[PDB]
Novice: 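Notes on a complex, telacebec with Cytochrome bc1 complex cytochrome b subunit.
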Amino acid sequence: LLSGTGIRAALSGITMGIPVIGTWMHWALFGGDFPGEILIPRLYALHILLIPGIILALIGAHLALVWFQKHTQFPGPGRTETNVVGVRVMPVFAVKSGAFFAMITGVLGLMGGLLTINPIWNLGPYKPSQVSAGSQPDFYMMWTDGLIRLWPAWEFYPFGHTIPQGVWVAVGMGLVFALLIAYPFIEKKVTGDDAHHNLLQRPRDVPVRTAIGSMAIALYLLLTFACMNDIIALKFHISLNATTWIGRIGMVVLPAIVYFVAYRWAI
Amino acid sequence: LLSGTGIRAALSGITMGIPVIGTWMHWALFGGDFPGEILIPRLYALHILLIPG
Amino acid sequence: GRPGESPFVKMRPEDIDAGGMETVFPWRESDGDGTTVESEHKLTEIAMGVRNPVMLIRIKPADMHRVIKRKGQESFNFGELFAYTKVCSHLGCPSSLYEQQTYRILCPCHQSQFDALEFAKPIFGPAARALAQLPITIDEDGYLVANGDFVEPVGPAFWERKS
Amino acid sequence: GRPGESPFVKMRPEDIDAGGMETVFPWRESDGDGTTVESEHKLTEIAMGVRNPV
Amino acid sequence: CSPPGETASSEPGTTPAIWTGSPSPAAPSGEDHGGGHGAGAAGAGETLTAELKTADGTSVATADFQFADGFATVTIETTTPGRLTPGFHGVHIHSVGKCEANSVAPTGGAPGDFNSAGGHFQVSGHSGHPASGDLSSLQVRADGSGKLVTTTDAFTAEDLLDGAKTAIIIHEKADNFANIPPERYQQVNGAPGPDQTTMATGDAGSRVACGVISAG
Amino acid sequence: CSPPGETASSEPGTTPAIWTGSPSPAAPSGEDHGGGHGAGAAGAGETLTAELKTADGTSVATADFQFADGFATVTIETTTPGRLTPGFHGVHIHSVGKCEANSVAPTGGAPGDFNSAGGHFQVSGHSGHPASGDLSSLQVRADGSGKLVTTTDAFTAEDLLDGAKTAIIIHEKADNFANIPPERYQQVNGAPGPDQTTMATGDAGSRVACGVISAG
Amino acid sequence: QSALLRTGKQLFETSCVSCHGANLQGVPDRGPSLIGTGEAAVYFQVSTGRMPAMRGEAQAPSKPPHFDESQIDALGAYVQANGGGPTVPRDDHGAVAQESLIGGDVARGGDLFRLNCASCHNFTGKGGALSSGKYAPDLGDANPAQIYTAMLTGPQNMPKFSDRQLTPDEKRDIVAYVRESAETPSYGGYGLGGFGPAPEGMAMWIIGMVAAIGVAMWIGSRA
Ligand SMILES: CC(C)=CCC/C(C)=C/CC/C(C)=C/CC/C(C)=C/CC/C(C)=C/CC/C(C)=C/CC/C(C)=C/CC/C(C)=C/CC/C(C)=C/CC1=C(C)C(=O)c2ccccc2C1=O
Ligand SMILES: CCCCCCCCCCCCCCCC(=O)O[C@H](COC(=O)CCCCCCC[C@@H](C)CCCCCCCCC)COP(=O)(O)O[C@H]1[C@H](O)[C@H](O)[C@H](O)[C@@H](O)[C@@H]1O
Ligand SMILES: CCCCCCCCCCCCCCCC(=O)O[C@H](COC(=O)CCCCCCC[C@@H](C)CCCCCCCCC)COP(=O)(O)O[C@H]1[C@H](O)[C@H](O)[C@H](O)[C@@H](O)[C@@H]1O
Ligand code: HEC
Ligand code: HEC
Ligand SMILES: CCc1nc2ccc(Cl)cn2c1C(=O)NCc1ccc(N2CCC(c3ccc(OC(F)(F)F)cc3)CC2)cc1
Ligand SMILES: CCc1nc2ccc(Cl)cn2c1C(=O)NCc1ccc(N2CCC(c3ccc(OC(F)(F)F)cc3)CC2)cc1
Ligand code: FES
């Protein structure tokens, strides 16, 4: 029910909202309308085989680059742009890396035992009519959901056509990703740093970038908590409209305050 | 029909013929008797991801 | 919610009492109870129809004078009964939540509020188009039947809409 | 092999003539024809019974 | 932006009219039918009911007959608990289908629920013995109800829908039919034979009830 | 190796005995219902048929009566097409359920199919007017069949299974019950009243048929 | 009863006449009319303690009952006599039936809940937020009779599920599902409330991330 309504909102509604091919993309993804009988098998294929494979290939590339673009380092006593100060792989680094994998696995096992995650049995089978009040996705999509909630219901109606407000979030993601994927190039275009940098920089030593990152984290947190504005209002007694408007004013004000504070804090 | 009878012969009969654990292996593989309701999804997992990997 | 048999039963106006909301579905005479195999699949289609669910809300008589209607939907209400699609006009989540004494159809996916008294138009949240109102009336034997189809598409909006 | 309804029918000795073979299944009175939703699955279980056919 | 179409237009509206659905062309290719039978007439099907009314309109009973497998199956439910006196009632098939208070087809005294065009509703060629115009008797005990059947198949659904609508007439007498043999009994005229008035159809006191058989 | 079981030439075998399955136990106790009704007796359900046998053992009719919702539903299908002459047979309900060729309860002439211990099978407390024991004419045309019902509920399923099994008797007379008025009609003795022989139960010629009502 | 009505009137005349007129007609813009609300409405509203409301705000909250069971019955009978309406269910003894209100079926009760109740409360009966300062409270505390009467009378911004929408059988079924969900332990460890994604993500970012980062700080160095 929860994941089904999440599919309905995100995939169906947003894909259908996209102007030119939105309905076509929706019918291709679902092989028809939303309850299409080929959705879950397709998601299974994408989730157990395709996307994990792509992620594994990209992780292989990532680790290969880090291995051969030998890891960067923080400035220090004997540390320079032309050396790596630390511990050789075999004696020390391998042992501590394996021990860290063991302890991370232990933390995850302890959580899997003692903490309940996605108790689907409480969540009846998905039906288009049944609903729940919470209706959030996992925390990594809560920013998406909060961006939906806080964006003020702005739609446009061209000649015999509709551009639903959902479209906005898609553009949002674009920009977000378009800014995340491309950020180092914007940094080097603005700052002009085109030098081979091997010594890391303490965040305090880059007040502008530290402020920008704090601003981005503030916006992400605001959106994530906006997705939880339903639960926040329920538990912390704040009117739902008040939380929605706190988020609406915040997604413009809180980033500015956080940027200013983080800049002054770094300095 | 063809592939189903192939499964019935090989995977079911041979697996359940093995002396010590034949029936146990058959029930672990099929989750029950031969036409068990978990066979094809498990073969799909073995055939798209596991064995290809 | 009976386990399989007769999941849908005809409905009567007296059943809904002032300030009461009930989810209703488009049950045909042919789509009989789920006793047989031919049925129980038509009924499954009705249940799984994304746009099939509707909410019928009985506006309190004291609040009747406050109702503001929609052009072309002035007679859609049968007396004090109003049928509005449950599917949100924003991204197509069900708008199940109903608040009486304030007449607010709330969608919890994105916390969107439509005014039930005035035609179900969004008065808060992301939604910008009113919920589609289903024409309703009572047929022979006094059972509530749709008085026709939605005058507009009912799910969430898309490119080829409002023409 | 009727499509769904009454897939299994009672059988009588004279139906099979000398030198004839017939595949038969263990049909019960309770496992009525396949109209009902409750039925159509007892019958499906009989059909899928790996050891059922005779 | 706002969507193009909204607002009431200051038009009040009207209450929806009672829905009257049409037959199903898309689902049904033709018009479905109910009871089936030979029905060698204009058409009656395998379902035909009737209602027994009293002199003041009170529901005396409710008869219903229909052809099933070439032999008409009939039954009459009780319409009132104390409608029937603790005695015997003579049920007969009347040629007249009108359950008027008092109608007389011939020239003479009009009896209550006596609109029948003669005695018993026999076949067109049958005018002698008690043909299909005769039906099972209506015996009533202290309970005051009607539930009992007989075997009267001289007429069928094909002959039931004749030129004149038939009906069921409930009398207030038993079933004897001149049971007094000519050897011992005698008539008012001294002849050992019975009276033709009682032989044409079951004759009794004022008619107990009259119910139209035309799918009443 | 060979499997241990192996052949058996000896003991050629026996023809399989006809299978007689046991009733489904409490686990699958669910089974088709035999009928529901008031059943104010030792138990008869909502289904009880009867077969009308003639003097030569050839079925003439097949009566039936069963409780449905407190009011008995009945229908007497014809057993033969030429069994009934083109006329009316005096219907009656006999207290005696033995449709013997010739047997009379009292000391006297034993009319054919007249095993009834009296006239009509009335109620236990009923001994006067023609109670549910009395029945009217069953009509047969040139076709010779009987199928028609009435309303006569002086009894019920509770009284159906009396101490002595009841039956349905077909006489050779209509349903009149002294239709000749006492004002002008007269009997052998001249008394304006009717004869008790025709009043107690439907009296006619030789019995047309007699069928036991106990699930015949 | 005569004495019951007398006691109900006594309690009413000094606890709620300010909100509702002495004739039970609501005071304008203070409280609504109690004519026709019924004994069920009074029982649910006062047993939950909401009615000595003590403020006019967006949502009257639940609070400790201000009257005891006998006084609850007295008030409810008073209101029932005045207007006449729904009555709280009772068992053979005469007390407010609570055990008898647990319907046998739960899967059907679960479907009923998800279609009707979960809309605003939760998948598993937890609370939910509403339009402006309102919310749907958690169902854990409400006893079977209170859940039944809440369905039978929509207190405020609750749809009123008459006996015809949800026949006593369906209401008992929903009560059974509510109680089962409320008292059923969360299989799979401490159930973080009932809301999945939000408590689950919060617990990740606190427990798992603090643990992982602390272990990294322990294993790693600082410089
Ligand atoms: C769009 C948007 C963010 C709108 C505003 C909504 C919002 C976040 C409002 C603030 C919420 C708060 C802090 C309410 C308390 C009252 C209040 C506002 C006081 C003044 C605030 C202030 C600046 C005080 C000065 C000191 C100070 C910083 C106090 C903060 C107090 C708090 C709450 C600190 C901890 C922060 C915190 C954990 C907030 C809740 C975050 C979430 C999403 C928790 C999710 C969660 C829930 C909802 C469970 O039910 C649960 C049940 C069982 C196990 C786990 C959980 C769980 O993790
Ligand atoms: C990380 C998050 C940080 C927050 C970031 C954002 C900061 C910007 C704050 C912007 C504040 C904007 C407030 C306005 C909001 C608004 O416009 O809505 C009003 C309700 O005003 C209010 O409550 C005032 C609320 C102001 C509180 C903001 C306080 C800051 C908090 C949130 C900071 C703590 C953060 C802790 C984070 C924890 C760590 C995170 C890792 C009315 O609503 P309503 O309720 O419907 O009232 C109806 C009438 O309308 C109608 O007429 C009338 O008739 C009535 O019917 C009435 O009902
Ligand atoms: C490495 C992970 C270690 C995790 C620890 C594991 C602990 C195991 C606990 C014991 C076994 C599992 C219990 C399952 C049974 C169970 O679920 O536990 C409830 C409790 O639940 C609560 O209330 C909260 C009580 C407060 C104590 C627990 C708090 C633990 C948190 C702090 C750990 C997670 C981290 C979160 C940090 C978030 C902070 C952010 C800064 C208890 O019943 P109850 O109290 O009555 O719940 C009400 C129903 O009754 C009623 O209907 C219902 O409607 C409700 O009202 C319900 O509350
Ligand atoms: C302060 C104003 C009060 C007082 C002291 C009482 N009530 Fe009443 N009441 C009040 C409001 C604002 C409302 C509507 C919203 C809400 O209930 O919180 C009500 C409603 C009721 C109802 C519900 C009627 C229904 O659901 O149909 C009942 C049954 C009721 N009130 C009764 C009641 C009783 C018995 C009181 C004394 C114990 C009482 N109220 C006090 C406002 C106020
Ligand atoms: C949003 C519409 C809405 C729906 C639909 C709804 N509820 Fe509620 N519910 C509420 C609100 C609002 C309250 C607060 C009542 C009050 O404040 O007096 C409430 C209160 C309750 C309570 C009182 C619990 C307590 O502790 O006070 C129960 C029990 C309850 N609901 C159960 C149900 C059930 C069962 C259903 C399905 C028949 C249902 N709800 C459907 C909104 C709703
Ligand atoms: C909606 C918010 C939400 N509400 C709830 C309520 C309850 C629950 Cl449980 C979960 N939620 C969620 C939720 O989880 N949202 C996650 C999400 C959102 C959007 C997408 N999008 C992929 C790209 C599509 C797209 C865009 C551009 C394209 O053009 C291209 F790229 F060029 F081809 C093609 C496709 C739009 C949908 C995925 C996940
Ligand atoms: C049977 C022949 C046949 N007839 C038809 C008719 C029609 C059609 Cl279409 C196809 N056929 C086929 C057919 O295709 N046969 C392929 C086949 C054969 C055997 C196995 N076996 C692998 C080992 C398992 C095993 C045994 C021991 C083990 O022990 C260990 F290793 F130590 F763990 C582990 C696994 C048993 C099954 C698979 C496929
Ligand atoms: S899903 Fe309904 S408001 Fe967006």
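Proteins come first, then strands; the chains are lettered A, B, ... in the order of their sequence lines, and each starts at number 1. How was it done? The header gives electron microscopy, 3.0 Å. Quick note: numbers below take in every heavy atom, side chains included, and nothing from hydrogens, waters or symmetry partners. As a textbook-style caveat: the illustration shows part of the entry, and contacts are counted within that part alone. Start at 1 and go down the list; that is how both ligands and their atoms are numbered.
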Novice: I need every copy of telacebec for my figure - which ligands or chains are they?
Specialist: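 All copies: ligands 6 and 7.
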Novice: Going by heavy atoms only, which other chains approach telacebec (ligand 6) to less than 4.0 Å?
Specialist: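 Heavy-atom contacts come from A, C.
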Novice: Any chance you could list the binding-site residues for telacebec (ligand 6)? Cut-off is 4.0 Å, heavy atoms.
Specialist: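 The heavy-atom cut-off picks out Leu2(A), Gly6(A), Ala9(A), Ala10(A), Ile14(A), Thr15(A), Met25(A), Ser135(A), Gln136(A), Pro137(A), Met141(A), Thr144(A), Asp145(A), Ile148(A), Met173(A), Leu91(C), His110(C).
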Novice: What is the organism of origin for chain A, per the PDB?
Specialist: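 By the entry, that would be Mycolicibacterium smegmatis MC2 155.
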Novice: Does the entry give chain C a name, and if so, what?
Specialist: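 The PDB entry names it Cytochrome bc1 complex Rieske iron-sulfur subunit.
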